[PDB]
Structures are given as structure tokens and as C-alpha cells.
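A structure with dihydrotestosterone.
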Amino acid sequence: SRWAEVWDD
Amino acid sequence: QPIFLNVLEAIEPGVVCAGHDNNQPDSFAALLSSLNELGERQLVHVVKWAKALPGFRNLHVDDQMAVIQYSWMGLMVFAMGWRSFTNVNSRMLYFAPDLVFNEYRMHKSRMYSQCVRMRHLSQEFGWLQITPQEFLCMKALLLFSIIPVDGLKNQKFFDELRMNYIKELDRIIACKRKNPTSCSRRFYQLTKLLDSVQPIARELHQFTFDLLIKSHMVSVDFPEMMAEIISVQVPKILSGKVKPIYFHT
Ligand SMILES: C[C@]12CCC(=O)C[C@@H]1CC[C@@H]1[C@@H]2CC[C@]2(C)[C@@H](O)CC[C@@H]12
Ligand code: NA
């Protein structure tokens with residue numbers, strides 16, 4: 001997901 | 001002593017623009033699409049801001065994400081209210097430097113009543129002479145002001161964290177005060193102010209939820225994280241599974 005993507009960043 | 005405040009001031013997000021074309025005629029789709037985009041952009045900053053808050057890492061990973069996902073609306077409205085107060089004395093809603101709402105946009109956005117409450121909240125910052133420090137602490141506390149009624153993964157670390165942030169807010173008040181009766185009165189006003197944020201956020205929650213559902217029919221675009229959080233997390237709030245923590249009844 002995009003959120004998961006941003007959280008990882 | 002200034003340790004806690006130094007941190008909050010240090011991590012406070014800078015200016016964030018929405019990318020709105022102020023040269024194009026105002027329209028419901030254009031305004032809301034710009035607000036949604038602004039939400040996506042600010043969400044990124046709220047994530048990085050929250051992660052840097054004192055003791056935030058003590059929380060379980062899943063709770064870290066949870067509080068951010070439930071509280072983003074109240075956090076963003078509160079800060080927006082502050083920007084409006086400081087940038088245009090609450091005359092308009094200062095969402096972003098490139099997205100300032102006047103009465104016309106408030107009407108074209110189809111959420112005039114909600115904008116009115118937000119402007120009212122903005123006015124309170126003035127009516128109460130809220131200090132930049134009280135603002136920062138109250139905003140931090142808003143991240144720990146809404147949880148599922150069934151509790152979080154590790155409810156204990158959260159309660160400890162929320163309790164300490166209340167303590168810090170109490171510290172700030174008792175700072176330039178030696179009268180215990182004055183402190184109690186200021187705390188009462190601030191907590192009342194904090195509570196008033198929740199009803200406003202709920203109205204926005206209901207509104208964005210309805211808008212997501214019929215977005216394809218009104219040409220309103222929802223960025224990826226927004227669409228996900230509004231379809232998965234917001235409903236839990238609207239259905240009563242996740243509720244705000246109120247100081248007063
Ligand atoms: C959080 C934002 C965007 C960030 C901000 O400054 C406050 C403002 C409050 C209204 C929200 C908006 C994001 C997009 C939403 C959720 C729209 O879908 C309807 C209500 C809007
Ligand atoms: Na999610």
C-alpha cells in the first residue's frame with residue numbers, strides 16, 4: 001500500500 | 001526544563017503547499033481535489049513529525065500507525081486553525097499558502113458549516129490568547145486523543161505516554177504562574193479547547209467519507225493514502241468502534 005510505502009521511507 | 005518544548009519547536013513542520021491553481025475558476029471538484037492532495041502531503045509530514053515526538057517509539061509499531069491514522073484530521077485542523085489565526089487573524093481558512101479559503105470557496109466546497117466551525121476554532125486561539133508553546137503541546141496531545149474502545153495492542157504504553165503529555169501541558173501552564181488557582185483555570189480552558197476539536201473532526205470525517213463513496217460521481221480525486229485511511233480507518237470512527245478521549249463530559 002501507499003501508506004506502508006511512506007511508513008518505510 | 002525547556003527540554004520538552006525545545007523538541008516540539010524543533011520538530012514542528014514547516015510550510016506545506018497544496019499545489020492549487022489559483023488562476024483557475026473555483027469549483028467543487030477543483031477545491032476538494034486540492035484539499036485531498038494537501039491532506040496527502042501533510043500526512044507525510046505528520047508521519048515524520050509523530051515519529052520524532054518524545055517517547056513515540058515506546059508505542060507498539062501497530063499502535064504508532066493507528067493513532068496517526070485516527071488523529072490526522074484533528075491534528076491537521078488544529079494546526080490549520082493556528083495558521084489562520086497567525087496569518088490572517090482567522091478571517092479566512094489558511095489551509096496552505098496557495099489554498100486560502102474565503103467565504104466563496106467555503107460555499108463552493110459544499111462544507112460551509114464545517115468551515116465555519118473551523119474558523120470558530122481559529123478564533124478561539126485569539127479569544128484565549130493561546131501561546132505558541134501551549135499550541136505545540138496541545139497539538140502533540142491531540143495525537144493521543146482518539147483510540148478504539150477495545151483498546152490498543154499495548155494500551156499500557158499509550159496510557160503512560162498520554163499521561164506524560166498531559167503532565168507537560170500542565171508544566172507549561174504552571175511556568176509563568178505561581179498561583180495554583182490560575183493554573184487550574186487555564187488548564188480548564190485548554191482542555192475545553194482540546195475537546196472542541198473532536199466534534200469538528202467528526203463532521204469532517206463524515207463529510208470526507210461520504211465524498212469518497214461518491215467521488216467518481218463528482219470528479220473529486222482522492223490520493224492513495226487518503227483513500228485507504230478514509231475507507232479503512234475513518235469508518236471505525238464513524239461506527240463508534242474508535243472514539244475520542246474527552247477531558248470533560
Ligand atoms: C485535512 C485537510 C487538509 C490539511 C488541513 O490544513 C486541514 C484540512 C481540513 C479539511 C480536510 C482537508 C483534507 C481533505 C478533506 C478530508 C476532504 O476530503 C474533506 C475535508 C478535507
Ligand atoms: Na491501512
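Throughout, a chain's letter reflects where its sequence line sits, starting with A, and its residues are numbered from 1. Atoms within each ligand, like the ligands themselves, are counted from 1 in listed order.
- The full list of places where dihydrotestosterone can be found here is ligand 1.
- Here the macromolecule with the greatest number of atom pairs within 4.5 Å of dihydrotestosterone is listed in the PDB entry as Androgen receptor.
- Every other chain with a heavy atom under 4.0 Å from dihydrotestosterone is listed here: B.
- Within the 4.0 Å heavy-atom criterion, the part of B:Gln42 lying near dihydrotestosterone is the side chain and not the backbone.
- The PDB records the biological source of chain B as Pan troglodytes.
- Ranking the protein heavy atoms by distance from atom 12 (C) of dihydrotestosterone puts B:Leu35 O, 4.1 Å first.
- For B:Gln114, no heavy-atom contact with dihydrotestosterone is shorter than 4.0 Å.
- Only side-chain heavy atoms of B:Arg83 come within less than 4.0 Å of dihydrotestosterone; its backbone N, CA, C and O stay farther off.
- Heavy-atom proximity to atom 10 (C) of dihydrotestosterone, evaluated over B:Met111, B:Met80, B:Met76, is greatest for B:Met111.
- Atoms of dihydrotestosterone found under 4.0 Å from any heavy atom of B:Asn36, numbered from 1 in the order shown, are 14 (C), 15 (C), 17 (C), 18 (O).
- The region of chain B touching dihydrotestosterone is mostly the UniProt domain NR LBD.
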